[PDB]
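A deposited model with risedronate.
The chains carry the letters A, B, and so on, in the order of their sequence lines. All residue numbers given for chain A refer to the PDB entry; the residues shown span 9-29, 34-349 in order. To match the PDB entry, the residue numbers of chain B are left as they are there, and the shown ones run 9-29, 34-349. Technique stated in the header: X-ray crystallography, 2.0 Å. Atoms within each ligand, like the ligands themselves, are counted from 1 in listed order.
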Number of protein chains: 2
Amino acid sequence: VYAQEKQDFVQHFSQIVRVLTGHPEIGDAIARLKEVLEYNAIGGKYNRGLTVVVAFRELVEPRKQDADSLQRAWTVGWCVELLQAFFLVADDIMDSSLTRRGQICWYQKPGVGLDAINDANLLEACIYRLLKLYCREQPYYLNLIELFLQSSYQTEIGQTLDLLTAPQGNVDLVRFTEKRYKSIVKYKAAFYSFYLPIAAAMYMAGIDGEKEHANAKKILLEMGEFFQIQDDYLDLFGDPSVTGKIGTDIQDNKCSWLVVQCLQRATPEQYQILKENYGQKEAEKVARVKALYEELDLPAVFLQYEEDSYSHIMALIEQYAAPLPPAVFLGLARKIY
Amino acid sequence: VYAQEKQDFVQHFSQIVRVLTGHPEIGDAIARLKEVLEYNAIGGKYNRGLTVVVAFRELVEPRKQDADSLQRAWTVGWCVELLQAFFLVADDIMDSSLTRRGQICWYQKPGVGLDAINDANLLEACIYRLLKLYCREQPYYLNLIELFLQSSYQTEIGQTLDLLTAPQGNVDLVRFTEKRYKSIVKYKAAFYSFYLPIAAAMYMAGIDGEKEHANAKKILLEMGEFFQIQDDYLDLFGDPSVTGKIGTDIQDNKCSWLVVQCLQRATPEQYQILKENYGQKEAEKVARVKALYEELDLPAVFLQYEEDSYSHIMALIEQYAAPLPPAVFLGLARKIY
Ligand SMILES: O=P(O)(O)C(O)(Cc1cccnc1)P(=O)(O)O
Ligand SMILES: O=P(O)(O)C(O)(Cc1cccnc1)P(=O)(O)O
Ligand SMILES: [Mg+2]
Ligand SMILES: [Mg+2]
Ligand SMILES: [Mg+2]
Ligand SMILES: [Mg+2]
Ligand SMILES: [Mg+2]
Ligand SMILES: [Mg+2]
């Protein structure tokens, strides 16, 4: 479903850049915007943006899937990729990360630095520019603006919770609880990751019912929770040649799923080893935390969690998919699991 | 007009915080949002936010100025103050500034640092939260969302131009031209400063005509240009106990109105003195640039410019105010001149 549709979606990016790139006085700023778009919105798997297009084609009647409607689906897809690019550029600064999508983080590039804050804001502004340029005369225009703005607010509340729970050089393991973890992931990852692209396709298809959006959200928020838990696992146990990024969760004192699982399994001595080595820059201290995680068999605990989560989401698809075609959620589940 | 209306406007901030402050799981994030709002949206002159309220009362018929309409005017006023707070928090980071509104910059506060990037994003999100909570059922709802989003995009293009023209440790005086300066100020300051609050009051009053908005923009963009030129002057020649902020334009290699005026008046020897001392941290080098500016009588050049600008804007009010009451623009001109 995502496979052949990927080519046409990635090919549509050049049009998005052309349409986004009022006198020649702002020429140097438009060139900088092009540079920011090319560096930060290209190189990923495009799964969020592709989900708009795939879901659009499964929800809209083929007679209504005209050339202009497809153009709008691809643009709304790229709007979701731009929301993602805005949050990642800012998150890389705030998490002091080194690489993203197999290249150095935009802010780490010589000559960029903290100018990346405004670049991230420009990426966010491009979304509403594209929605006006392509969807202004559509009946779902306000639904889409409100959806992107709401997704941005919920993600930012999540980021606030993430940063509050991880104060630099302030190790407080008591703060790292299961309830706190579930709250962080729900807001920072679950709304914008899967609910935003499906909801966008739903509004474009004329599906604006409250109960239909609530039912889709019940499946999608659980898939978003799994996705962030997997993200936390891959921060330490993933192959950076596959993830395209270097992990910083232990160094940054994050309330990771791994530290939460460690804490509910650690002995008082193991707890002390974690206490002495967590939230610190020293490679040797980070290695001690990873050693403790491997000793507590957190990779096998995660493998069991992935299996239990998959079955749970599948049970939710059976309960809540109707009247939407279950393929909408199944295609997405196959992509993230 | 602004004087007695200031009290009711500032008193309405506690309501805005209460309405903005969905389970208790995000409680710590809401407390952080309250902290960010109190530190970054309070302490200024509130002229932009007050302009919405003052213009609303002068454009709307008194019979239609009911208790609920006034509540919406105050909220839209505070939305403009929040847009300003979002841009200033990020601009202080990017300009490496020390103080703002008589206190240390939010990002310079111990324990905040680069977390301020997400805080600035939350301030921007609060705008659209308030517009939905108070103006969702109003006929001008979409006009206001589009206005705030457009103002944000234009401001960001301006910031891009500002940062591009000021690369750190890269002194290139040839880039500092009058045409480049006019382009920067137009985008980064003129749209969001005066056009945004008057346009908001205009849409709330049912004034949505293209020609009426274009005529108001012709007056207001010129007032915005003056305001940024005055801002650049006060960066070096203003009293920080009145401005509430320490100047960084010379240290940051900015395309200031002062450097542009210096360049069109400097001898080849004076040009070399500027070349050797501009865009550098050293207090002695900054003092040499200020000495050169004082030698070229840039404070008197600015005083003449303020006089010529005032008369020009007044001539524009005579040409373009109609059918709006000229008091709308006169009250604003008395406040900034
Ligand atoms: O890519 P990362 O950086 O691993 C992340 O998932 C990026 C991200 C950014 C913004 C919102 N949610 C997740 P994080 O939470 O910082 O681990
Ligand atoms: O307050 P400042 O910092 O003097 C400024 O006017 C703040 C500002 C921020 C964003 C957009 N326009 C002006 P700047 O341009 O950096 O001189
Ligand atoms: Mg990160
Ligand atoms: Mg992060
Ligand atoms: Mg991560
Ligand atoms: Mg500044
Ligand atoms: Mg600045
Ligand atoms: Mg300034």
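- One finds risedronate in this structure at ligands 1 and 2.
- In the deposited model, most contacts to risedronate (ligand 2) involve the chain that the PDB entry calls Farnesyl pyrophosphate synthase.
- Other chains having non-hydrogen atoms less than 4.0 Å from risedronate (ligand 2): B.
- Measured by heavy atoms, risedronate (ligand 2) lies under 4.0 Å from these UniProt Mg(2+)-binding residues of chain B: B:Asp103, B:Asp107.
- Neighbours of risedronate (ligand 2) under 4.0 Å (other ligands and ions): ligand 6 (magnesium ion), ligand 7 (magnesium ion), ligand 8 (magnesium ion).
- An N or O contact shorter than 3.5 Å links B:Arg112 to risedronate (ligand 2) by distance.
- Taking distance alone, with nitrogen or oxygen atoms compared against 3.5 Å, B:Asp107 approaches risedronate (ligand 2) more closely than that limit.
- The B:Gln171 neighbourhood of risedronate (ligand 2) comprises atoms 10 (C), 11 (C), with distances under 4.0 Å to a heavy atom of that residue.
- Entry annotation: the source organism of chain B is Homo sapiens.
- Ranking protein heavy atoms by distance to atom 2 (P) of risedronate (ligand 2), first place goes to B:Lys257 NZ, 3.6 Å.
- Of all the atoms in risedronate (ligand 2), the ones that sit under 4.0 Å from a non-hydrogen atom of B:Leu100 are 7 (C), 9 (C).
- Against a heavy-atom cut-off of under 4.0 Å, B:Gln240 is close to the following atoms of risedronate (ligand 2): 6 (O), 13 (C), 15 (O), 17 (O).
- Backbone and side-chain nitrogen or oxygen atoms of B:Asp174 are examined, and none is located within less than 3.5 angstrom of a nitrogen or oxygen of risedronate (ligand 2).
- Remark: risedronate (ligand 2) and B:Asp103 share an N or O pair separated by less than 3.5 Å (distance only, no angle test).
- Among protein heavy atoms, the minimum distance from atom 6 (O) of risedronate (ligand 2) is reached at B:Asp243 OD2, 2.9 Å.
- On a distance-only criterion, B:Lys200 and risedronate (ligand 2) share at least one N/O pair closer than 3.5 Å.
- Binding site of risedronate (ligand 2) at 4.0 Å, heavy atoms: B:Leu100, B:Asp103, B:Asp107, B:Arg112, B:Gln171, B:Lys200, B:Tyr204, B:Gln240, B:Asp243, B:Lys257.
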